[PDB]
Visitor: 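Got a structure for you, written out below as structure tokens; questions coming shortly.
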Protein chains: 4
Amino acid sequence: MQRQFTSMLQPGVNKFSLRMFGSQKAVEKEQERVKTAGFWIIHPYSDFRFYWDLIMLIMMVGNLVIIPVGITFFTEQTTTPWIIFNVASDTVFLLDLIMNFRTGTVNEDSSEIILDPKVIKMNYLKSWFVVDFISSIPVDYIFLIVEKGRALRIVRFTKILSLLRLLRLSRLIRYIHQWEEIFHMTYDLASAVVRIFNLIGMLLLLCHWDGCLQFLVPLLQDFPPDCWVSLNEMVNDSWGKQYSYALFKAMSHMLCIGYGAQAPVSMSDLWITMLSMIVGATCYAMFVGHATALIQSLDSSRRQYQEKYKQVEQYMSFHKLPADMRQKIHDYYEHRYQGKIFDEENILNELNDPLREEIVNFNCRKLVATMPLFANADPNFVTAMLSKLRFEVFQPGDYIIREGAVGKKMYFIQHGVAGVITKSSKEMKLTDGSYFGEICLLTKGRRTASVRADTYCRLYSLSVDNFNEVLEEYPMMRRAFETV
Amino acid sequence: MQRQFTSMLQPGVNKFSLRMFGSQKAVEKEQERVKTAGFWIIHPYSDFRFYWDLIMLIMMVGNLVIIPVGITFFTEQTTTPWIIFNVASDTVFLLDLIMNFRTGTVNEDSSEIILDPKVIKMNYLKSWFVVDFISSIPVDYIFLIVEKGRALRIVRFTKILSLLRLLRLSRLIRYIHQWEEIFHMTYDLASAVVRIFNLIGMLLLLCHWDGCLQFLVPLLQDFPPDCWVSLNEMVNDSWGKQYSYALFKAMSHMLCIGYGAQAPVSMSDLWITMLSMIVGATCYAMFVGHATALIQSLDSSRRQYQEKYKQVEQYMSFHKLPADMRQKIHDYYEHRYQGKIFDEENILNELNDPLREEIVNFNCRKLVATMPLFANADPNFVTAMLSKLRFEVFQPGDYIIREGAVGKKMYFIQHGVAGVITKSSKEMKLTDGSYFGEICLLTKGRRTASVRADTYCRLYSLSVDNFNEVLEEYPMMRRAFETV
Amino acid sequence: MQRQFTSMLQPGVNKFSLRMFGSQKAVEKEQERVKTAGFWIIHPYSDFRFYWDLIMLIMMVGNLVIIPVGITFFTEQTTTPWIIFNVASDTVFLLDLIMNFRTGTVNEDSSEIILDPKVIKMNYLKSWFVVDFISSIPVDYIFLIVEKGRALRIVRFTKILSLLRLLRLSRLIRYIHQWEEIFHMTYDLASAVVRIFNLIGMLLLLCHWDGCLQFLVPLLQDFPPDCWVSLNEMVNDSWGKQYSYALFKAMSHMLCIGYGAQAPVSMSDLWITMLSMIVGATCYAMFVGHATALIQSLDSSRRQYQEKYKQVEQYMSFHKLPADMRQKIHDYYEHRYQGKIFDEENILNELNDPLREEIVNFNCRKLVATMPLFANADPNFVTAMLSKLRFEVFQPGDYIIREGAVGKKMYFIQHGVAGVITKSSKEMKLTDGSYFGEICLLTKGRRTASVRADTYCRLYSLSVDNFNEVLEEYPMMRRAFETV
Amino acid sequence: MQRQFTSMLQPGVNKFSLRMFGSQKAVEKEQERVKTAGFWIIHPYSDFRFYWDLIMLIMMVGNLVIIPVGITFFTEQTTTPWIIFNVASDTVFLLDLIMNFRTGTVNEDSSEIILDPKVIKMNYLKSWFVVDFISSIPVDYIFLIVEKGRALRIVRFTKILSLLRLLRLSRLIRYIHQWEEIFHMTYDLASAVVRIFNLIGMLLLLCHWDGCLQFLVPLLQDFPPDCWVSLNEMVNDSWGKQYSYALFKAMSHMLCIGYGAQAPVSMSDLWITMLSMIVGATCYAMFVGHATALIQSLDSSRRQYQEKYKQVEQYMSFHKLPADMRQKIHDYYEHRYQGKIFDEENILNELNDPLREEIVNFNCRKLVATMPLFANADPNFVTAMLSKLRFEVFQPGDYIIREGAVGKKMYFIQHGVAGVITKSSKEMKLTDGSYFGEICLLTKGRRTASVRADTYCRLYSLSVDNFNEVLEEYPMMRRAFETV
Ligand SMILES: CC(C)c1cccc(C(C)C)c1O
Ligand SMILES: CC(C)c1cccc(C(C)C)c1O
Ligand SMILES: CC(C)c1cccc(C(C)C)c1O
Ligand SMILES: CC(C)c1cccc(C(C)C)c1O
């Protein structure tokens, strides 16, 4: 029905279009846009364009493998099975040429998709149409028909024309790039992994085509007596032995492992071998470049923690700190960050208000809810107070607060054992989940006791400056703080 | 005419000189400077120096290819066509040597271009003059004339002198570097692409010269019976077969693919082969280094977004957040940044006032102009207010504001559907282009209703602290805000 | 005893578990957790799992070397020593398969270790159980027994089944990764060094297995007359010559150095050679990628200082500063940073209060304790004051303070000689450990004398704004400052 | 004299010691320290240790080349010239072993150089003494003397002992590293260039030693009939042909180019060839890693500007800005930064007060000195005011200030033409060196005219907030500002 026919050719409401246009009402504006651009236009982000390009990619990967083998290793392509393959492929590649006059273009400025038929047509003619045309039509068969109005020169010149089909590769590169840009904003892709697998496919294809070229240049010269096919005495072999040898010869040149059975002798074999070496050595260097970029993407977190740490070593070196002070700093960094590099202030600033209060409640509510000052309070005050907590780590034997020093912060133990000490009492231990320093909120001057970390304390602190800032916004709580 | 003759030798008012000197009046000071430095001086940034160096680069690329072939593969260069090529080239390379006593130098400190003839002369003598001189004059022809006041020793010793012309390569490297520094501040060049194409040109040239060297060392020894030219029986071949073989042999050594037809036998072939291997393996490692640097420049935006994200995963890992909270944070980052890394505060701080207000009007005027508070206002207040808007994203089911909580911000929907809810009414939906929270500007205390995101809201917020700051500068608006 | 039997299978209080769970009381909760999860469960972080996996890694590294040699180069494995090795190994690899139904899993979200037997079982079946099962059981021996209810086809088909044991490699990769994640949060490992040594082990193993494959494919074809083993006439050699040749042939293909004695002739040797070339060239590119990442980790501090410096050169270039001003800036950066890159404000903000006061006392107490203003003060004021000192460097001939200019800072000499000058006196020199500018704290307006650096002064400064801020917190000191 | 003898062995006052210890009085403390540590001690940073290590590096580079050639390619070393070379070298390497009991050690924590003879002795025994001892003494000659109390077994076993001298390489690596750490804090070295040249030296040496090993293993087996020396029929050749071949064979294996004349045949040649391939392929991958790191250090400024720019493109893409707005932003970035990346606020914060005022006077004094408000003022006010100027760039057609808008900044033209426009007058142009907006300092409310950039203005601005801040510190100027 025409409802499904026009539904297929407009950008459907899905994961990708919602993220590209911003809302279902933005998608439904772009739909209305194409539904009024002209008759039977195709949006680049349509399901029809997806499924067509998926058929094209399966056609192209098949033709670019089979075509140079069929031209090189078989005596003629005028038999029925080869006529059927080449006519069936060429009509599909000609439908694709026609649909490119119907399909809108994504703009480099992300502006409103080009959908006027006169601009979609005019931009294709100024770009890919000539390369897409001469690789779509059966140029070898129309030339052969024009010749019907010696045979072994025509049967050889048509092989060179028959390879104009290899320019389909330009559509393969273009249509792969367009669907990778779409799957990137859909499926959470590592860019270096995607670029590695595209290059491996291209390298295997170049090796395959060089393999055909190694035999094709001898074939077009009628296998002269100084070429590798004559020297290895394999002109009369089956197509599968000839192909396997030619592929082995190409792969040997391109990996720079050797020449095949012997070094070249004829001028054609010299220059085809040197071409293969230069192309293969260039392609291997690009592969090593991609492998290096993939490997650097894979331990970036560890690299970055080591760069951070090595700047801490530079600081201690510049100040000439003693070896036991350096070990104490190193030991603090390992307990405080646990090998992880992140910047908490940047990460929390990038979030929204719902995500920040959800993270803060997960970290801190199980600590602060147990304290009698907060067990009485309204949740919208508690969430505001928990956002002022600062995480601190202390090593064994550190004084967290000293008796007689001025109080400025309270502390809540997440982990580790502390101990409070005074001349008037025993050394009372405090453990994971407890709190201390609380009196500093509601006083001035001296702390009454010393608190010292017995194990590695992990703890949250609240300062008087922040506790007062969070009570300027809650006057109904300040009266209870002065009365409990 | 002398108007065009002196116009050619001074820095013309163009794209490059305007950006280098800062203004047309700065260019016209430098012009007056050269027009009074001495007779017929050449500014380094002149059109004459550009067109001369363009002639030199075409001469050098031609001579450095043709000269070692002519010396190596032809019996003598005393015939008329070779005398014409070598005399015509040497006079052009001698005019270039003379013009370098007339051409000012760019200083490493970017100070006023060196234009005193005594400093331009004295700096050239302390640097490149000796290498430029011995590669400019026909040292082989003056030596041959001095010999006219056995032949097969002189015809061989002159070949070694004739290769002093290869030091022209130093001018090719120098003049390429000078025009790349100029085209960089003209044409928006990726540095790694430029350095890749310079290296490919150098590698092809080194392979070509090694190809000549493979045959030249046998030739100067009169093709001894243990060398590759005698072993392969090609001493009597045409120059094109000998060159092709010698190039194939050099390229085989330098790509480390093999030796040619067989491993070396003579001491000359051993040491020339080992030299070729060391040079070629070094050059291939430098090529792989450049390919790696090019490939890292090409997906830098994706690499940087992945490094940023992997630090967000480290934060969630350190805090041991639940898997559904991690999925909610991951899902927020994908909607909030759409795979793009940038720092908006740094980018807006680097711009000028015209560009910031032009960007802010594009983003926000279509939202805020629809609101009755601002539809009455003067544009110079609206632009000041739009600069205080902050972009925020909310996920489905997030409460943007809760009933009874204290109001501090207003919101404008760019995209997505929100819904306002209360016991006194139905769930009124709000869509792309609407606004809510407006009462918070002109009150204190509780919000009257709950607003919850139904889809992913993309929205702009304005806080009361910023709305008050933007009204301290506009007292004529504060009276209308208290009265409308 | 059952105390040690259950003690072995629960996460022991040690360096790693203390850092993973956070405290001894957190470890003792996880212990109680496993001690009540079911009968005889194994925690992934146990000493039993460590020692078992250490036995497995020694078994796997031995079997994956010995098995493909025994299958390839020995006539049959039905003799007693091979039956003993294969049965003894297979029972150990079957105990390991059983213990994986008893061992808890580390979750990707770091949530509470999976310890319910029904989830530990169900997750193993959905993952590695099928690969671990078919590589644990003696599939070749049960098939051979099933055949007892022509011999040279069965003795060859069982060799292919006997290589199902190579899938043990999946356990080797898995168990190596699990213990590297544990040793990373234990022993301060450079990530690129660890990944280099894992890859070298894998490359040697792949070369060893390709070496067996080079001979195995001929062997299964009964050494046809066109294969390398027949061509090199070594079918009857000892196992050690055959292995050495086959390894040399594999290593030649994989390093792309050559084919062995000659290029391939048969279709099996062609395709096995091409497989070996593609695998080896891929593996070498991954090795070059890891070597590059290791080398970038090793001079990161130097790279980063050079990037920092090159941006200082860009600043001076943009402003077109004179060459002597650039030399003065370069000379300042070398004395001020001594080739070291660090950000002191970030490093001090990441520390705790004990570490900051410990570093500040090491740097500054030996200077400020000698001054009469501070020799009278309480240590808890001195430590607060020392934290406000700012490090400054001056070059020879710089005026640190000028007579008649307004005073705002005091200075303490760490290193270098300064000199104070006036019309009323001689040029009094001041040396390492002295102080000057002191009057500015207790006055207003003009400095009474000029101080100029004679050598490179390294000195600490205290500003009046900070000295006043550190006295708002100490009113008992402000009275002495007004009276001494 | 003893004054020069003790002067040589203590750290001299020079470029390096001044930067390492901080001041001449710090050097003179370390001198006094060594002058009282014990009899005849050597400081690691002495001139004597420099000149001794320079003699050692020339000895080591010579012995490590000559020794394996002399052992491998000459019939015996019992003749007088070889006895003289080996005895003269071994006594020098034994003096070096003795001086290491007299030389202090640099500590990894940069603490006071280890100078107690009992710690200098005890630390050497726990480290390098055993390797330095067995490579210092003539182990082959004392063994030969012990044998005097069949000859062709002893003459061969002594060759293996004679190669214990190759462990001198450990001193070469150690002493190179120590002098590179010293020259780094002396001479402004690119780290990747230094590491490249160390690796090239090591690669050439490994190739040279593998070249000796290729012939030595045949020699110790008495040239068996299946080895390359017998197969190539060169057992009776001169030492220079044998060396050249052996080097070519090693270099062929290590660059993976081929085997030499043919593939290996004997078990010794197989395993020595495979060892050479693995070592050479590893070393080439490390070389490619260093080349890649060097190449990334060389265009770091360009890479970093491109990464910065590509984040500006991501911002414009995220906001979907129009193509002409993107071109206007791109055009602004090119005029505002001129392809240069630097952070001016970080660079100025790292400088001292003398360098900041020296840079500010170079940029801005030639502008602001021409204005009548400042031509009357004291220089110590002008320098304070110039530090508040902010650099701004405007494009053609931008309004810098609009008539009737509120004034907040004044402007000084560095470059470009502006024009002031009003209904009451002609369009007055203003050029490089002029100023405008001046009235805003001494008023409130509306600007009287519009100023629009006609070309690209580069200009400095001063805001009223900063002009008032710079007058709070200068009350004697505020009266003139209210009266002129
Ligand atoms: C062109 C072809 C022979 C090729 C070159 C470079 C690298 C590879 C793979 C092995 C990664 C490859 O297949
Ligand atoms: C010197 C010459 C043979 C050469 C060496 C390295 C790399 C290349 C190209 C193929 C990139 C090259 O042509
Ligand atoms: C597969 C095998 C032959 C191999 C390939 C790549 C690199 C190496 C080592 C020398 C690093 C290696 O042993
Ligand atoms: C060991 C030796 C043959 C070697 C290996 C790797 C690289 C080089 C140079 C050419 C950089 C080299 O000389």
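Every chain is numbered from 1, with letters handed out A, B, ... down the list of sequences. This deposition comes from electron microscopy, 2.5 Å. Counting convention: from 1, in listed order, for ligands and their atoms alike. Side chains included, hydrogens not; waters and symmetry mates left out as well; all remaining heavy atoms used.
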Visitor: Which chain accounts for the largest share of heavy-atom contacts with ligand 1, under its name in UniProt?
Guide: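 The largest share of contacts goes to Potassium/sodium hyperpolarization-activated cyclic nucleotide-gated channel 1.
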Visitor: What is the identity of the drug or drug candidate at ligand 1?
Guide: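 It's propofol.
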Visitor: Would you pull out the other chains with a heavy atom less than 4.0 Å from propofol (ligand 1)?
Guide: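 By heavy atoms, the other chains are A, C.
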Visitor: Which residues lie closer than 4.0 Å to propofol (ligand 1) by heavy-atom distance?
Guide: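 Counting heavy atoms, it is made of A:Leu203, A:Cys207, A:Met254, A:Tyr284, A:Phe287, C:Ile278, C:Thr282.
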Visitor: Write out the residue and atom name of the closest protein heavy atom to atom 3 (C) of propofol (ligand 1), then the distance separating them to 0.1 Å.
Guide: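 Ranked first by proximity to atom 3 (C) of propofol (ligand 1) is A:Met254 CB, 3.5 Å.
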Visitor: Output the list of atoms in propofol (ligand 1) that are nearer than 4.0 Å to some heavy atom of C:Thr282, sorted by atom number.
Guide: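 It comes down to these atoms of propofol (ligand 1): 10 (C), 11 (C).
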Visitor: Counting UniProt's transmembrane segments of chain A from the N terminus, which ones have a heavy atom closer than 4.0 Å to propofol (ligand 1)?
Guide: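 By UniProt's count, heavy atoms that close sit in segments 5, 6.
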Visitor: Please report which non-hydrogen protein atom sits nearest to atom 6 (C) of propofol (ligand 1), along with the residue it belongs to and the distance in Å to one decimal place.
Guide: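 Of the protein heavy atoms, A:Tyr284 CD1, 3.5 Å lies nearest.
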Visitor: Considering non-hydrogen atoms of the protein only, which is the closest contact for atom 8 (C) of propofol (ligand 1), and what is the distance?
Guide: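 The protein heavy atom lying closest is A:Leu203 CD1, 3.8 Å.
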